[PDB]
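Next structure: contains PF-00835231 (bound form).
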Amino acid sequence: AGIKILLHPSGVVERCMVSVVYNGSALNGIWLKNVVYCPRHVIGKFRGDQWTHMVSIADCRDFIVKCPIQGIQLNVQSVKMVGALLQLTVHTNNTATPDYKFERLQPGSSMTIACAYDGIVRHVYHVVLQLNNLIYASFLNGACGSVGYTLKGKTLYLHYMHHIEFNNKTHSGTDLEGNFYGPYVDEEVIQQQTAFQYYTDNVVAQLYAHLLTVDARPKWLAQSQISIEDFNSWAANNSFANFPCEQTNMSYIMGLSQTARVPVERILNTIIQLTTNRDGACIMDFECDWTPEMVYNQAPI
Amino acid sequence: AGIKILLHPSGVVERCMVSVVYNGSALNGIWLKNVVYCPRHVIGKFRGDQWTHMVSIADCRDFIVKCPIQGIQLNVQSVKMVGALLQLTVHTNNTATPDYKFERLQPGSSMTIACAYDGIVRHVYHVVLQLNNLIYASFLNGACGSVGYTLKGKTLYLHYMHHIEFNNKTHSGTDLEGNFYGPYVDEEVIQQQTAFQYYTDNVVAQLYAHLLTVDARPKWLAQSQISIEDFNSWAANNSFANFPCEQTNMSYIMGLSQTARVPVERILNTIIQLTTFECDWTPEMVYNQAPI
Ligand SMILES: *[C@@](O)(CO)[C@H](C[C@@H]1CCNC1=O)NC(=O)[C@H](CC(C)C)NC(=O)c1cc2c(OC)cccc2[nH]1
Ligand SMILES: *[C@@](O)(CO)[C@H](C[C@@H]1CCNC1=O)NC(=O)[C@H](CC(C)C)NC(=O)c1cc2c(OC)cccc2[nH]1
């Protein structure tokens with residue numbers, strides 16, 4: 001019935017976005033219950049263990065907190081730094097607060113970005129947390145505080161809040177608890193990123209999506225097979241993660257192998273052979289944007 | 001930062017979605033002011049011109065309409081057919097109605113899809129109206145009533161309402177005026193799909209996206225150049241639309257060529273050499289995320 005990069009509706013996140021201004025720094029934040037969560041560097045660009053002293057002397061009323069979607073100006077009563085985030089307790093309780101959970105995202109999974117500016121989500125796109133704990137997104141100045149999220153069943157799952165943009169078009173941040181993804185920090189210094197490794201489960205997923213939609217026999221789908229052990233011994237020297245990266249993803253890769261009648265050993269052997277050739281499918285594989293769940297949930301069984 | 005497929009936030013669309021049920025037919029609908037819009041086949045699977053009689057005898061009271069996001073059940077006072085859409089005038093006015101407009105989409109133009117079910121938007125994805133007036137979308141049963149939209153400055157532009165899933169994984173429907181995109185109708189029967197043709201503007205923007213994302217000199221890039229006139233001849237026999245398909249896109253295409261320092265004649269020449277769904281890029285969306 002069609003296989004697309006699906007995203008989660010942003011209406012629930014939209015009504016909770018607020019703009020936060022302190023001194024000359026401005027960014028975004030989410031207003032849950034009577035608390036506003038925003039990047040802690042909205043009060044200044046510090047480093048190390050000097051954050052605890054600035055939050056202790058943080059002028060509560062110096063925070064300009066506006067919810068543009070509800071037209072309310074909020075008043076910060078107390079400031080509590082939790083990790084790399086600020087929990088600003090306001091007097092007003094957000095009526096638009098949904099059922100929510102603070103859930104950490106595993107590398108290789110997908111989430112939806114509510115890219116906001118001045119407290120208003122302007123764009124919405126889909127990223128995948130990579131093995132180097134980074135995402136390849138689109139963020140300009142004033143996008144700090146934009147949240148990555150997913151929806152399950154009338155409950156909103158918050159996983160991300162934007163902080164830093166690395167020059168290789170990669171981005172990093174914390175969860176809604178204040179813990180950075182990877183060893184990166186919210187400091188303007190030299191930060192080395194871990195070696196990029198392919199999330200094999202998503203490379204296999206992106207291959208099955210072509211086999212479901214290309215309809216024509218791909219000239220890159222090899223006629224041989226390679227086993228999981230032979231692949232994992234090869235993956236250690238070819239920048240590929242251990243397959244399977246997630247046992248739950250196998251249940252989807254297994255349904256994809258039966259609905260396409262192409263065994264997973266055919267895809268792994270192709271991945272080994274397709275290292276020499278294609279990545280983008282431009283005219284005449286190898287990507288982590290398709291997840292095994294998103295492909296299987298859209299495939300006819 | 002990077003170049004991504006940008007979609008529009010569905011918050012305004014969500015608060016207006018409602019569920020429309022008539023007999024054993026359940027689908028979605030959008031609620032603007034005191035009028036509800038929904039596909040007419042909710043009252044039955046008809047064909048041709050009997051719609052006028054079937055709607056004139058369809059009671060404004062067998063319609064079950066609810067807005068789940070607002071938890072409000074709505075009653076229909078009057079029913080009117082406008083094209084392939086139904087106009088159900090309800091008693092309550094939607095307080096969550098933004099400044100909206102019924103703008104028709106042109107071939108090659110991108111739009112954000114709000115895949116809804118029982119009045120609740122479940123998934124959001126991005127499509128481009130193809131030259132055969134088709135969209136490669138993702139809809140299951142009950143997704144009828146879903147809308148395709150864009151946003152420009154606090155104003156919502158509604159372009160599409162899903163009706164039909166074809167054999168090939170392509171979908172079709174009408175605008176918000178009730179007129180189908182292409183020569184298709186809301187009938188369960190094999191329909192002739194117009195011959196496919198590549199939107200050269202969006203294909204050109206596809207190649208320009210890689211030059212800004214990756215290196216300045218990929219392998220597939222051709223070192224020679226072909227003219228717009230010479231390409232247009234080859235396009236008439238190779239299923240490529242006449243370039244430029246939209247003169248407005250040349251503002252972005254020329255800005256992308258100077259930004260990437262590779263002319264549009266090389267891109268067109270590469271497309272000829274490259275000959276011997278997915279993430280479709282429009283020239284505006286690529287140029288907007290490009291620096292300077
Ligand atoms: C926020 O909007 C600030 O409120 C901003 C978002 C980035 C700006 C441009 N595109 C974005 O995504 N965040 C920052 O500017 C942060 C500030 C930190 C948390 C103190 N810094 C970066 O994103 C950043 C800094 C540097 C750098 O320096 C030195 C060198 C290389 C990369 C880099 N990224
Ligand atoms: C709506 O939800 C109905 O309210 C439904 C959406 C499709 C269902 C599966 N995936 C979808 O996108 N629409 C239909 O089922 C329509 C109903 C029409 C407008 C009366 N029917 C089709 O889209 C359809 C029917 C047939 C067919 O018959 C016979 C033969 C071949 C293709 C085909 N498409």
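Order of the sequence lines sets the chain letters (A, B, ...), proteins ahead of strands, with each chain counted from 1. Atom set for the values below is all heavy atoms of this structure, side chains included, hydrogens, waters and symmetry mates excluded. Read the numbers this way: they start at 1 and go in the same order the structure lists the ligands and their atoms.
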- Provide the name in the PDB entry for the chain that contacts PF-00835231 (bound form, ligand 1) most. Main Protease
- Task: Identify the other chains in heavy-atom contact with PF-00835231 (bound form, ligand 1) at a 4.0 Å cut-off.
- Result: A
- Query: If we only count N/O pairs under 3.5 Å, is A:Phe139 in contact with PF-00835231 (bound form, ligand 1)?
  - Reply: yes
- Query: Which is closest to atom 17 (C) of PF-00835231 (bound form, ligand 1) by heavy-atom distance: A:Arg47, A:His171, A:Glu188, A:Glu187?
  - Reply: A:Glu188
- Message: If the contact criterion is a heavy-atom separation under 4.0 Å, does A:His162 count as touching PF-00835231 (bound form, ligand 1)?
- Response: yes
- Task: Counting heavy atoms only, name the option from A:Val185, A:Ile164, A:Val20 that's nearest to atom 25 (C) of PF-00835231 (bound form, ligand 1).
- Result: A:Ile164
- Return the option from A:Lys45, A:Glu165, A:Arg40 holding the heavy atom at the smallest distance from atom 15 (O) of PF-00835231 (bound form, ligand 1). A:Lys45
- Which residue and atom, if any, anchor PF-00835231 (bound form, ligand 1) through a covalent bond? A:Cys144 SG
- Query: Which residues, given by chain and number, make up the 4.0 Å heavy-atom shell around PF-00835231 (bound form, ligand 1)?
  - Reply: A:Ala26, A:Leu27, A:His41, A:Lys45, A:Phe139, A:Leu140, A:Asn141, A:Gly142, A:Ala143, A:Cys144, A:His162, A:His163, A:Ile164, A:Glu165, A:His171, A:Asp186, A:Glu188
